[PDB]
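Okay, so here's the structure we're looking at.
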Amino acid sequence: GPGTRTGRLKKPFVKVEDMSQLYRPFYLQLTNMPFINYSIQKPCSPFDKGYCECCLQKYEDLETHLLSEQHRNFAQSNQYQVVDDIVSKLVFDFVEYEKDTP
Amino acid sequence: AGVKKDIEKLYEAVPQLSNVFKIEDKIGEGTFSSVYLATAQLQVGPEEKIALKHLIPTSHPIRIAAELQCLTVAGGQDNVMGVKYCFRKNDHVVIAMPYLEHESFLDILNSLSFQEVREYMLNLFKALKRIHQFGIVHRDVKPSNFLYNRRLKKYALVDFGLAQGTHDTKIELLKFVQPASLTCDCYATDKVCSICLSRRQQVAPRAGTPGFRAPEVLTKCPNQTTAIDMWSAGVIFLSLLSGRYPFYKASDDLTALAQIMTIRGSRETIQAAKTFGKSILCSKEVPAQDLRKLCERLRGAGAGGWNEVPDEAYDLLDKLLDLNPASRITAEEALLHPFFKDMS
Ligand SMILES: O=c1[nH]c([C@@H]2CCCN2)nc2c1oc1ccc(Cl)cc12
Ligand SMILES: [Cl-]
Ligand SMILES: [Zn+2]
Ligand SMILES: [Zn+2]
């Protein structure tokens with residue numbers, strides 16, 4: 001059982017494992033496996049905080065992270081040169097208005 | 001009111017937009033972006049509606065640039081969205097693209113003729129053929145990323161924000177987007193032991209959307225190809241033929257796999273997964289369903305050319321929903337399938 005990490009999976013289950021046995025298996029145990037429900041009316045299905053790539057950092061709240069020292073530093077850095085280089089090839093073809101003066 | 005504040009904060013984030021666009025409404029949202037309808041005036045054309053895509057500011061510059069490179073290199077032809085311009089202030093990037101007025105997939109699903117289904121799939125395959133020729137694996141093919149205007153017969157595959165490159169991709173920037181295990185005797189049984197439980201987890205690509213991921217994605221195959229997009233196209237086709245959307249409804253990858261096995265069969269899925277290095281064990285066998293019977297029972301055979309769907313439709317569906325990614329039909333091959341007779 002749980003104390004010795006040894007036993008058998010309670011059914012029903014699905015178990016997936018890499019064939020070379022290098023990685024942890026992954027499991028699905030549900031009370032009810034999926035069932036195709038044809039009676040439910042169409043179009044219903046017949047079966048009816050994050051990470052910042054710039055800072056390499058998980059965050060608890062997005063707006064607080066966007067204000068962190070790490071992120072503001074990145075946001076104002078030269079790291080977007082790769083973006084700007086592509087933008088410089090695009091052609092601006094819209095009408096641009098002067099800022100409106102009250 | 002919430003959209004109103006979102007719009008106000010978008011002008012604040014990228015102030016140049018205020019002198020070019022009138023931002024009207026939010027028209028789409030995903031994990032990595034929000035898309036707005038705006039109006040603009042062209043220097044040498046009429047007034048135009050524009051889609052403004054605001055990328056999440058946690059996006060890495062290389063990922064932003066790779067999306068732009070997909071749009072400029074591969075887009076603008078063959079039903080693939082292109083790009084007009086792009087505006088940046090610091091970490092806030094807004095991509096400006098032509099707006100295409102488009103249907104709600106859910107609303108029109110059971111108000112489409114069979115012939116419109118054929119035209120929709122043909123045009124989806126034209127877009128997929130185009131992006132796959134450049135070695136782009138889109139990863140997020142689904143109705144909300146395939147704009148359809150029925151009256152104009154216009155189509156646009158959108159959103160390269162999750163794409164990955166094939167080994168020989170023509171989108172250069174996609175190449176740069178971001179306790180030893182022992183064997184055990186639990187293999188291919190219902191057993192667990194401390195050996196297999198204590199191994200590190202396999203990591204494989206899975207960016208996408210619930211219900212559209214191919215079996216090799218759900219089972220963490222490290223070597224994914226453009227075939228994953230063909231699976232997703234098959235899921236769209238399954239929705240069109242069955243009248244059900246979303247077809248799959250799963251809050252995790254293995255639940256999605258279990259639903260696929262109720263459609264395509266557990267033994268069949270197990271056999272295919274072995275060819276890509278995955279052992280799948282189900283506690284109870286589930287039979288494969290006949291695709292014609294399943295779709296017609298779910299849709300209710302009725303008016304629209306729907307009383308006489310040709311065998312070729314379900315044959316094509318079988319090839320798109322091929323559980324084996326190596327044999328699964330390609331977009332170039334799908335365009336040659338007899339389902340599309342009398343259209344070339
Ligand atoms: O990249 C996109 N994503 C998306 C969706 C919304 C955000 C996740 N994918 N929509 C569009 C995208 O580009 C568009 C161009 C014109 C129009 Cl009308 C819509 C879109
Ligand atoms: Cl056993
Ligand atoms: Zn950050
Ligand atoms: Zn074990």
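Naming convention: chains lettered A, B, ... in sequence-line order (proteins, then strands); numbering from 1 in each chain. Recorded method for this deposit: X-ray crystallography, 1.4 Å. Order of listing sets the numbers, starting from 1, for every ligand and every atom in it.
The compound at ligand 1 is the drug or drug candidate XL413. Counting heavy-atom pairs under 4.5 Å, the chain with the largest count for XL413 (ligand 1) is, by its name in UniProt, Cell division cycle 7-related protein kinase. Other chains contributing a heavy atom less than 4.0 Å from an atom of XL413 (ligand 1): B. Close contacts of XL413 (ligand 1) with B:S33, meaning ligand atoms under 4.0 Å from a residue heavy atom, involve 7 (C), 8 (C).
In summary, the atoms of XL413 (ligand 1) found under 4.0 Å from a heavy atom of B:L100, numbered by their order in the structure, are 18 (Cl). Shortest contact from atom 1 (O) of XL413 (ligand 1) to any protein heavy atom: B:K53 NZ, 2.8 Å. For XL413 (ligand 1), the atoms closer than 4.0 angstrom to any heavy atom of B:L147 are 16 (C), 17 (C), 18 (Cl), 19 (C).
Here is the list of XL413 (ligand 1) atoms found below 4.0 Å of a heavy atom in B:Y99: 18 (Cl).
The contact set between XL413 (ligand 1) and B:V35, taken as ligand atoms under 4.0 Å from a residue heavy atom, comprises 4 (C), 6 (C), 7 (C), 10 (N), 11 (C). XL413 (ligand 1) lies out of reach of B:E101, whose nearest heavy atom is not under 4.0 Å from it. Across chain B, the UniProt domain dominating contacts with XL413 (ligand 1) is Protein kinase. Looking at XL413 (ligand 1), you won't find any N or O of B:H102 less than 3.5 Å from one of its N or O atoms. When B:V158, B:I50, B:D159 are ranked by how near their heavy atoms come to atom 14 (C) of XL413 (ligand 1), first place goes to B:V158. Atoms of XL413 (ligand 1) found under 4.0 Å from any heavy atom of B:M81, numbered from 1 in the order shown, are 15 (C), 16 (C). The protein heavy-atom contact nearest to atom 13 (O) of XL413 (ligand 1) is B:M97 CE, 3.2 Å. The protein heavy-atom contact nearest to atom 16 (C) of XL413 (ligand 1) is B:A51 CB, 3.3 Å. Put simply, part of B:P98 is less than 4.0 Å from XL413 (ligand 1), judged by heavy atoms.
Near B:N145, meaning under 4.0 Å from any of its heavy atoms, are these atoms of XL413 (ligand 1): 4 (C), 5 (C), 9 (N).
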